[PDB]
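Here is a PDB entry that includes dihydrotestosterone.
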Amino acid sequence: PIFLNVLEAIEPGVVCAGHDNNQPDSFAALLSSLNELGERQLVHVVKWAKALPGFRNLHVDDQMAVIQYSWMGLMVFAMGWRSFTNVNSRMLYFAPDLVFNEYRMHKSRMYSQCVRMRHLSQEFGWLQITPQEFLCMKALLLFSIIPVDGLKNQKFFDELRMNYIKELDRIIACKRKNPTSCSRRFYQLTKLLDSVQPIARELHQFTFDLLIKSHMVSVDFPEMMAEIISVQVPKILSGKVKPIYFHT
Ligand SMILES: C[C@]12CCC(=O)C[C@@H]1CC[C@@H]1[C@@H]2CC[C@]2(C)[C@@H](O)CC[C@@H]12
Ligand SMILES: O=C(O)Cc1cc(I)c(Oc2ccc(O)c(I)c2)c(I)c1
Ligand SMILES: O=C(O)Cc1cc(I)c(Oc2ccc(O)c(I)c2)c(I)c1
């Protein structure tokens, strides 16, 4: 129906990192390219978000707020999916020009986090996630993290988030023959969605600490990334902004 046509239409295409693969895989270069890629994906996330049904109706400050708090989860999720469809989750497919193998995972100094990310990617397979479910789940990640003291207009946010969860229901209910399977599916997908948060939090910690010592380890942070990671990420790391979990 209408909802799905929109999600499929506004889905971003391929985004390159600009990484020079003809150079050695050093920590400095890898992370600098990961950051450039982050900067680049940020642009598409803003456009994608503002193309989502009802998003433009949220207060403007809240629009920027939710994007600034949820981009990590959004990009990690999309990446995991790309990884599943492109290389069957055998490697982290950040970008066509930035695929991480075992060696790069280690060189990046975030090996265990990459492992968590590959596990997430694999879930798409174990759970046989359909493209429709991926799209609706991803739209939901945009509405999955807010400040403890609420947004400028929490009411509208809670209403919009509810409607997106409803859409996810339709998508689940539009296939499952029996009723015990839908309840089960919803449980599986909400668990999957929650599982994204812990991974995002770890990357939040990592990039934050990395920005602090960026000058000493020669890692470049583009403008947007540097401001968001020094202004927004810290609100998450200090507990002022928290994720919305379905389960305990
Ligand atoms: C979101 C990105 C870039 C977009 C993507 O495909 C997922 C990936 C997950 C790791 C992030 C990276 C952006 C730059 C970060 C934040 C580095 O500073 C450390 C963790 C990196
Ligand atoms: O499935 C469908 O019919 C499509 C659909 C999808 C959504 I998300 C939805 O939610 C709102 C709520 C407030 C608002 O201002 C806007 I714009 C949209 C509605 I209403 C309909
Ligand atoms: O695409 C559009 O609508 C135009 C547009 C694009 C961008 I990028 C933008 O600025 C930022 C920069 C970083 C960031 O995290 C956020 I949130 C917003 C603005 I304001 C408007």
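Numbers in chain A track the PDB entry; the residues on display, in order, are 671-918. Per deposition record, X-ray crystallography, 2.1 Å. Atoms considered below: every heavy atom in the structure, side chains included; atoms not considered: hydrogens, waters and symmetry mates. As the structure lists them, so they are numbered: ligands from 1, and atoms in each ligand from 1.
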- request: Name every ligand number or chain letter assigned to dihydrotestosterone.
  value: ligand 1
message: Okay, contact question: for dihydrotestosterone (ligand 1), which chain racks up the most heavy-atom pairs under 4.5 Å? Name from the PDB entry, please.
response: Androgen receptor
message: Can you tell me which residues in chain A that UniProt annotates as binding 17beta-hydroxy-5alpha-androstan-3-one end up with a heavy atom closer than 4.0 Å to dihydrotestosterone (ligand 1)?
response: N705, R752, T877
- request: Output the list of atoms in dihydrotestosterone (ligand 1) that are nearer than 4.0 Å to some heavy atom of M742, sorted by atom number.
  value: 16 (C)
message: I'm curious, which organism is chain A from according to the PDB?
response: Homo sapiens
- prompt: In dihydrotestosterone (ligand 1), which numbered atoms sit nearer than 4.0 Å to a non-hydrogen atom of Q711?
  reply: 4 (C), 5 (C), 6 (O)
query: Considering distance alone, does some N or O of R752 sit under 3.5 Å from an N or O of dihydrotestosterone (ligand 1)?
result: yes
message: Quick test: of every protein heavy atom, which one is nearest to atom 17 (C) of dihydrotestosterone (ligand 1), and how far off is it to 0.1 Å?
response: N705 OD1, 3.4 Å
task: Check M895 against dihydrotestosterone (ligand 1) and report side chain, backbone, both or neither, counting heavy atoms closer than 4.0 Å.
output: neither
query: When you measure from atom 20 (C) of dihydrotestosterone (ligand 1) to each heavy atom in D879, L873, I899, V715, which option holds the nearest one?
result: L873
task: State the UniProt domain of chain A containing the majority of residues contacting dihydrotestosterone (ligand 1).
output: NR LBD
task: Could you list the atoms of dihydrotestosterone (ligand 1) found under 4.0 angstrom from a heavy atom of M749?
output: 6 (O)
- prompt: Which residues of the other chains approach dihydrotestosterone (ligand 1) to under 4.0 Å (heavy-atom distance)?
  reply: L701, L704, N705, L707, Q711, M742, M745, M749, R752, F764, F876, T877
Between dihydrotestosterone (ligand 1) and the protein, find all N/O pairs closer than 3.5 Å and give the distance for each.
residue: dihydrotestosterone (ligand 1); atom: 6 (O); partner: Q711; partner atom: NE2; Å: 3.3
residue: dihydrotestosterone (ligand 1); atom: 6 (O); partner: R752; partner atom: NH2; Å: 2.9
residue: dihydrotestosterone (ligand 1); atom: 18 (O); partner: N705; partner atom: OD1; Å: 2.8
residue: dihydrotestosterone (ligand 1); atom: 18 (O); partner: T877; partner atom: OG1; Å: 2.8

